[PDB]
A.B. asks: 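Shown below is the structure under consideration.
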Amino acid sequence: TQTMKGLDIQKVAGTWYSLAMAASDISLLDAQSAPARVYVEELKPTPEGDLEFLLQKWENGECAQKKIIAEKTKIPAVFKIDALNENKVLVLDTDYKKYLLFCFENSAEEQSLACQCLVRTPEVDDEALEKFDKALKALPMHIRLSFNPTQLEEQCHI
Amino acid sequence: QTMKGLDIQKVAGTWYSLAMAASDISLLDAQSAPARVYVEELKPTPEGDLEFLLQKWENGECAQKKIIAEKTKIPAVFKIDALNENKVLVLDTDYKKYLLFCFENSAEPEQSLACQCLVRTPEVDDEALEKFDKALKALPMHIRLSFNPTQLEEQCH
Ligand SMILES: CNCCCN1c2ccccc2CCc2ccccc21
Ligand SMILES: CNCCCN1c2ccccc2CCc2ccccc21
Ligand SMILES: CNCCCN1c2ccccc2CCc2ccccc21
Ligand SMILES: CNCCCN1c2ccccc2CCc2ccccc21
Ligand SMILES: [Cl-]
C-alpha cells in the first residue's frame, strides 16, 4: 500500500469530518457499532512528529470519544498504534486545505484495511471522493459508505 | 437508464447476488436490513411478468420469498404492488454472465433505491462489478457491498 511522499503533519492540524469509508471486510463497517465505524473529529500533530486522532464511535446506544496516538516511524506517512507493529495508520494523500485520505491497516494474519476520506468542511466534495475512489482502486475493498452533510454535523454521524 | 430489447425468457434460471448498493445506509447495514436480499432464481411467466425467488437472513436462517414483478407499458420496468409505489428497473444484462437491476420505492418523504449485480455462477466477475460501478455513478448511492466466492456459495449466510 503506497503512502504519500513529503507529508507535513504540521499542516493537517484541526477539525475534520469523515465523509466516506471503505473496508476489506463488510463486517468492519456495516453495523452502526462495526469495529471500524469510527469518525475522525480532530487531527493533532505533536512536536515529536506523532499524530493524535480524536475519534467518535457508537457503543452501547451512545456516542463515545477516544484519542489514538499514532507514533512516527522512518516513513513520514506511516504511523504505528501498537508496540507489536501489527496495526498502522497509512496516510495516502492530502492537499492539507480540503481533504485527507488515510487507512487503518492490520497485517497480523489476510490483511485488514479500513480507509477514510476526511474533509475540512461538512459538505460533500466530489473531488475528494474521486481521489478516494482512485486511491482504493488497487485495494481489496468489499464495502463503501458515504455520508450527507446533516450526518457530518452530528455526533457519530446520526 | 433501463435497457432496450430486454428478453425475459433469456434472464430465466439460476443467479447469484455478487454486489448490492442503496440510496440509504440503513437499507443494507445488517443481515436484517430491508434490502439485504439474495436473488436465487428468475422465472418469466407466460404473461411476460418476472418472478424473483429471494433469500433473506432471519434469526440466523435463510427465509425464501417470491415477488412477482408485473410488466408495464415501459420495457424493463416492472411493478411489485397495485399502488405503484414499488418497482423493479432492469438496467442491463448480457443474459449469459450478469444482470443489473434496481428496486425503487417512491413513497414520501424520500425516494429509495436498492440495486444489485447478479452473476450466473458463484465466482467474482470484475467485468460485471465494473459495469455495476459505472451504472451506479449516475445514482445517489450511500452504501455498496460486494461478496467473495465463499459468500456467493453460502447464500444468505
Ligand atoms: C470494546 N470495544 C472497543 C472499541 C472502542 N474504541 C473506541 C471508543 C470510542 C471511540 C473510538 C474508539 C476506537 C478505538 C478504541 C481504541 C481503544 C479503546 C477503545 C476503542
Ligand atoms: C483488525 N482488528 C481491529 C479492527 C478495527 N480496527 C482496524 C480495522 C482495519 C484495519 C486495522 C484496524 C486496527 C486499528 C483500528 C483503529 C480504530 C478503529 C478500528 C480499528
Ligand atoms: C476491489 N475494487 C472494487 C471497486 C468497486 N467497488 C468499490 C469501490 C470503492 C470502495 C469499495 C468497493 C467495494 C464494493 C463495490 C460494490 C459495488 C460496486 C462497486 C464496488
Ligand atoms: C423499507 N423500504 C422498503 C423495503 C425494501 N425494499 C426496497 C428497498 C429499496 C427500494 C425499493 C424497495 C422496494 C421493495 C423491495 C422488494 C424486495 C426487497 C426489498 C424491497
Ligand atoms: Cl458509497
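Proteins get letters first, then strands, A, B, ... in listed order; numbering begins at 1 in each. Scope of the values below: all heavy atoms of this structure, side chains included, with no hydrogens, waters or symmetry mates. First listed ligand is number 1; within each ligand, the first listed atom is number 1.
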A.B. asks: How do the PDB entries name the drug found at ligand 3?
C.D. replies: desipramine
A.B. asks: Can you peek at the structure and tell me the main thing desipramine (ligand 3) is bound to, named as in UniProt?
C.D. replies: Beta-lactoglobulin
A.B. asks: Any idea which other chains come under 4.0 Å from desipramine (ligand 3), counting heavy atoms?
C.D. replies: A, B
A.B. asks: Which residues lie close to desipramine (ligand 3), i.e. with a heavy atom under 4.0 Å?
C.D. replies: A:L139, A:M141, A:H142, A:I143, A:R144, B:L129, B:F132, B:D133, B:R144, B:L145, B:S146
A.B. asks: Just jot down the desipramine (ligand 3) atoms closer than 4.0 angstrom to any heavy atom of A:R144, in number order.
C.D. replies: 9 (C), 10 (C), 11 (C)
A.B. asks: Return a yes/no value: protein heavy atom under 4.0 Å from atom 4 (C) of desipramine (ligand 3)?
C.D. replies: no
A.B. asks: In the protein, which heavy atom is nearest to atom 11 (C) of desipramine (ligand 3), and how far is it?
C.D. replies: A:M141 CB, 3.5 Å
A.B. asks: Give the atom numbers and elements of desipramine (ligand 3) that come within less than 4.0 Å of a heavy atom of B:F132.
C.D. replies: 17 (C), 18 (C)
A.B. asks: What does the entry say the source organism of chain B is?
C.D. replies: Bos taurus
A.B. asks: Counting non-hydrogen protein atoms only, what is the nearest one to atom 2 (N) of desipramine (ligand 3)? Give residue, atom name and distance.
C.D. replies: A:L139 O, 4.1 Å
